[PDB]
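Overview of a structure with darunavir.
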2 protein chains.
Amino acid sequence: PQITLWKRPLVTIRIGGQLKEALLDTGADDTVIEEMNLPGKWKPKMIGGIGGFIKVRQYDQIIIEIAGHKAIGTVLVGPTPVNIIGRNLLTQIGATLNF
Amino acid sequence: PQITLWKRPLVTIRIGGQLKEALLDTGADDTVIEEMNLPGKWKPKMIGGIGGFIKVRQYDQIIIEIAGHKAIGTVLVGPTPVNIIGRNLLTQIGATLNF
Ligand SMILES: CC(C)CN(C[C@@H](O)[C@H](Cc1ccccc1)NC(=O)O[C@H]1CO[C@H]2OCC[C@H]21)S(=O)(=O)c1ccc(N)cc1
């Protein structure tokens, strides 16, 4: 769809079989999801945002449904304030900004 | 214009008589600009993201040009690592996310 920005662009995702709410976030390079059990191997990594750096678990090649569209790619799991869908997966679902 | 998300969606803005590069950021409620010496009244604010919070100065009714489009609204000024155009101004320039 076309999504206007008067409200937060929140969508439902399915990850590891579980439904969650997530924010479509063009300012995020990477997708970052709150702490959860996720099947797959992972690697320790760190990422930085506006307020500093956090530790995350990097899971590669994770199958995730975003607003009914399929993506398969990297999901960082850790203590983010908000579940965020970043450009690595927005590009997979063909998302663009338009004005 | 259409902006794909392979790379960071950076555009040129003009604020307080200065040109800067800024992110078109659907994940930000508010616009946050790197420290600059803006004139006028402001109110203290703290905003949080990955890593924690930063202290910013909230300026209202600030005129800003974004990729050639005029806008006027609230701009938060503080030690952000990137200039961020948030939804408060993205709506004014008619920006949508589409997939
Ligand atoms: C976490 C979001 C809910 C909110 N943020 C906007 C978000 O787009 C930031 C915007 C952003 C961009 C770069 C640096 C800091 C913040 N991106 C971000 O944290 O992305 C992280 C995940 O991918 C990585 O790529 C960029 C940093 C990492 S935020 O910058 O913290 C923020 C919070 C409140 C306001 N008013 C404005 C911005």
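Chain letters run alphabetically, one per sequence line, in listed order. The residue numbers of chain A are those assigned by the PDB entry, with the residues present covering 1-99 sequentially. The numbers used for chain B are those of the PDB entry, and the residues that appear cover 1-99, in sequence. Quick check of the header: X-ray crystallography, 1.5 Å. Reckoned from all heavy atoms, side chains included, excluding hydrogens, waters and symmetry mates. Counting starts at 1 for both ligands and their atoms, in listed order.
- Counting heavy-atom pairs under 4.5 Å, the chain with the most contacts to darunavir is listed in the PDB entry as Aspartyl protease.
- Going by heavy atoms, the other chains that come closer than 4.0 Å to darunavir are A, B.
- Residue-level proximity to darunavir for A:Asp29 is carried by backbone and side chain together, each with a heavy atom below 4.0 angstrom.
- Numbered from 1 in the order shown, with element, the atoms of darunavir that lie under 4.0 Å from a heavy atom of B:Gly48 read 31 (O), 33 (C).
- Under a 4.0 Å criterion applied to the non-hydrogen atoms of B:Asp25, darunavir contributes the atoms 6 (C), 7 (C), 8 (O), 9 (C), 10 (C).
- Every atom of darunavir with a heavy atom of B:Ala28 under 4.0 Å away is listed here by number and element: 37 (C), 38 (C).
- Looking at B:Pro81, A:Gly27, A:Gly49, it is A:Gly27 that brings a heavy atom closest to atom 12 (C) of darunavir.
- Counting heavy atoms closer than 4.0 Å to darunavir, residue B:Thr80 contributes nothing at all.
- By the criterion of a heavy-atom distance under 4.0 Å, both the backbone and the side chain of A:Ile50 are placed next to darunavir.
- Of the listed options B:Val82, A:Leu23, A:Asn83, B:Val82 places a heavy atom closest to atom 11 (C) of darunavir.
- The parts of B:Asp30 lying near darunavir are both backbone and side chain, judged by heavy-atom distances below 4.0 Å.
- Residues of other chains with a heavy atom under 4.0 Å from darunavir: A:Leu23, A:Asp25, A:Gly27, A:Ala28, A:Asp29, A:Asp30, A:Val32, A:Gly48, A:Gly49, A:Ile50, A:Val82, B:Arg8, B:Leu23, B:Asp25, B:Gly27, B:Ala28, B:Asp30, B:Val32, B:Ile47, B:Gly48, B:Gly49, B:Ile50, B:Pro81, B:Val82, B:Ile84.
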